[PDB]
Every structure is written in C-alpha cells, then in structure tokens.
K.L.:
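Drug: dihydrotestosterone | Macromolecule: Androgen receptor.
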Amino acid sequence: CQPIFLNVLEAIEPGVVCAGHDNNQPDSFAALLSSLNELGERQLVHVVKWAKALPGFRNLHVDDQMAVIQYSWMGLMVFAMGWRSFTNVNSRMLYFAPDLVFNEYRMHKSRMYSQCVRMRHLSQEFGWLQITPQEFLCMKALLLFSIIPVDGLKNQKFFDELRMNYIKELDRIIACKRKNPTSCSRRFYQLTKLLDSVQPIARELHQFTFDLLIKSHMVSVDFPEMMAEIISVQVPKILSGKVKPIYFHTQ
Amino acid sequence: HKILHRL
Ligand SMILES: C[C@]12CCC(=O)C[C@@H]1CC[C@@H]1[C@@H]2CC[C@]2(C)[C@@H](O)CC[C@@H]12
C-alpha cells in the first residue's frame, strides 16, 4: 500500500531559510534580535505556503485558515528549529538558520537565556525519544491545529474534524511497525507529552516578543511588517487568556 | 498592510 498522507507531508516540507545575519560583526542584542525577527518574517511566508498545501486545509473557513496560522506560528517554528538543531548539530547549539546558530554566549546576549535553554532541552528530546522523520512531520502538522479561541472559530465543526483526522494519521504511523496495543499506547503517551511541552515554551516567547515590541524603539530592535501586526493584534489575545492551547494532559 | 495577504 502507498502511504499517501506521508508522501504529501514529505513533498511539501519547506526547504532551507536563511536569516541574512552578518556573522562578521561582534554580537549585540540589537543585531541578534533584529535578525531573529527577519527570520521570523521569512519563515512566516514558507509556513503559509506549507499550510495551504496540507491535506484538508481548504476544508476550513477562510477566516479560520488565517487564524490558526496567526496563533500557532510560534510553536510551529520552535518545533521545527528544535528538529534542525538535533539533525544538524546534535543539539550542541540552536540552529535557527544556517547563518544564525546560537552558542551559550549568544543565548546570554539575546536576553532570553532561560527560554533558549528550554528549547535546547526540546531539541535533545528528539534524540532521547528517537523521534523518526515521519513522526516529526505528522507532529508538526498537528501543532497547526493546537491553539484556538475561547469564543470559538467561524466553523468550529470543520476544525474539530480536521484535527481528529491528523490524530488518526499519527495513530497509524505509530502502529506501522508495532503489532501490540501496549507498545502503541506507550508511544502515544510519549509523543503527546512532547507536543504539550512546546506550549509553555511558546508562551514565554510570546511574552518576551510582546514586551520587546512595546519597547523596541528604546533598544533599537527592528520588527518587520507582518511580525509587528501579528504580535500587536493576535499575540495579546493569547496573553490575555482569550486564545488558549489544546493540551493533551492536564498541566 | 492587507493582513498576511498571501493567505
Ligand atoms: C520564531 C523564531 C524564528 C524562527 C525560528 O527558527 C524559531 C525562533 C524562536 C524565537 C523567536 C524567532 C522570531 C522572532 C522572535 C519572536 C523575537 O522577537 C523574540 C523570540 C523570537
């Protein structure tokens, strides 16, 4: 049998994205954060093209297509960055981009050291849990459907159905080489715990970038058009409790 | 402006 679903996920996976950072200059808070912001703007373009090509994405109402992207981009990008770090440098550093790799010194200079250490822990988990390339792809897609508004989406029903379908595909990938219910159950527990762990990290970064935007003119940090719009209009909805992640486990 | 536009 042909793995149609997985064939598609592999086929649409975005290529390499560079930040455009000048690594010839001594590190500074302003330059490092401005480059992270530009990388965010560039990655946002690839995330939109990727999402629009996902199986069933068009089943969603137009307004909800935009909403899920605007709310889950931070988690999606952090998860992908953690995987790149694992595969390219065995979690020795944070591989934001080929031209923007963070060692401990840069983590400190960025003023978000604690958050950076938590992301490195996430990267290490990909190795400790022996996450396969196929599990990574399915889990990343699921992250796009893991944060919603308390007030509900325009067509909450279509969303619930799509999310359920991606969960079913994850079950299938888990059952592939496993011919025992207990083994599958144990793996599902591990993967759902890993997925939940992304949310608290994304929340801390949401708070950090929000505060940075508010005082950006005082610290010389540049925010591109799309990033500035999303962080001033959508991010505060999550910080004020109007939009919340869907956790598998209670915590 | 025009939101993300390329949605
Ligand atoms: C999503 C990005 C950029 C894409 C990526 O690889 C993950 C990384 C996580 C930290 C984000 C950064 C984009 C710009 C932000 C939001 C800064 O303003 C502060 C936190 C940064």
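A, B, ... follow the sequence lines: proteins, then strands. Residue 1 opens every chain. Remember, it's 1-based here, ligands and their atoms both numbered in the order they're listed.
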K.L.:
From which other chains does some heavy atom lie less than 4.0 Å from dihydrotestosterone?
P.N.:
A
K.L.:
Go through dihydrotestosterone atom by atom and flag the ones less than 4.0 Å from a non-hydrogen atom of A:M81.
P.N.:
6 (O)
K.L.:
Quick one: look up the protein heavy atom nearest atom 11 (C) of dihydrotestosterone and list residue, atom name and how far away it is.
P.N.:
A:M74 SD, 4.3 Å
K.L.:
Atom 13 (C) of dihydrotestosterone: which protein heavy atom is closest, and how many Å away?
P.N.:
A:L36 O, 3.4 Å
K.L.:
I'm comparing dihydrotestosterone with the native 17beta-hydroxy-5alpha-androstan-3-one site: which UniProt-listed binding residues in chain A have a heavy atom within 4.0 Å of it?
P.N.:
A:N37, A:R84, A:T209
K.L.:
Distance under 4.0 Å to a non-hydrogen atom of A:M227: what atoms of dihydrotestosterone satisfy this?
P.N.:
13 (C), 14 (C)
K.L.:
Closest non-hydrogen protein atom to atom 19 (C) of dihydrotestosterone, residue and atom name please, with distance?
P.N.:
A:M112 CE, 3.7 Å
K.L.:
Answer yes or no for atom 4 (C) of dihydrotestosterone: protein heavy atom present at a distance under 4.0 Å?
P.N.:
yes
K.L.:
Could you tell me the residue and atom name of the protein heavy atom closest to atom 16 (C) of dihydrotestosterone, and the distance to it rounded to 0.1 Å?
P.N.:
A:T209 OG1, 3.4 Å
K.L.:
From the options A:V221, A:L205, A:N37, A:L100, select the one whose nearest heavy atom is closest to atom 17 (C) of dihydrotestosterone.
P.N.:
A:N37
K.L.:
Is atom 21 (C) of dihydrotestosterone near the protein, in the sense that some protein heavy atom lies at less than 4.0 Å from it?
P.N.:
no
K.L.:
Check A:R84 against dihydrotestosterone and report side chain, backbone, both or neither, counting heavy atoms closer than 4.0 Å.
P.N.:
side chain
K.L.:
Of the protein's non-hydrogen atoms, which lies at the shortest distance from atom 1 (C) of dihydrotestosterone, and what is that distance?
P.N.:
A:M77 SD, 3.8 Å
K.L.:
Which UniProt domain of chain A lines most of the contact region for dihydrotestosterone?
P.N.:
NR LBD
K.L.:
Quick one: what's the binding site of dihydrotestosterone if I count heavy atoms under 4.0 Å?
P.N.:
A:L33, A:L36, A:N37, A:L39, A:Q43, A:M74, A:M77, A:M81, A:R84, A:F96, A:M112, A:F208, A:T209, A:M227
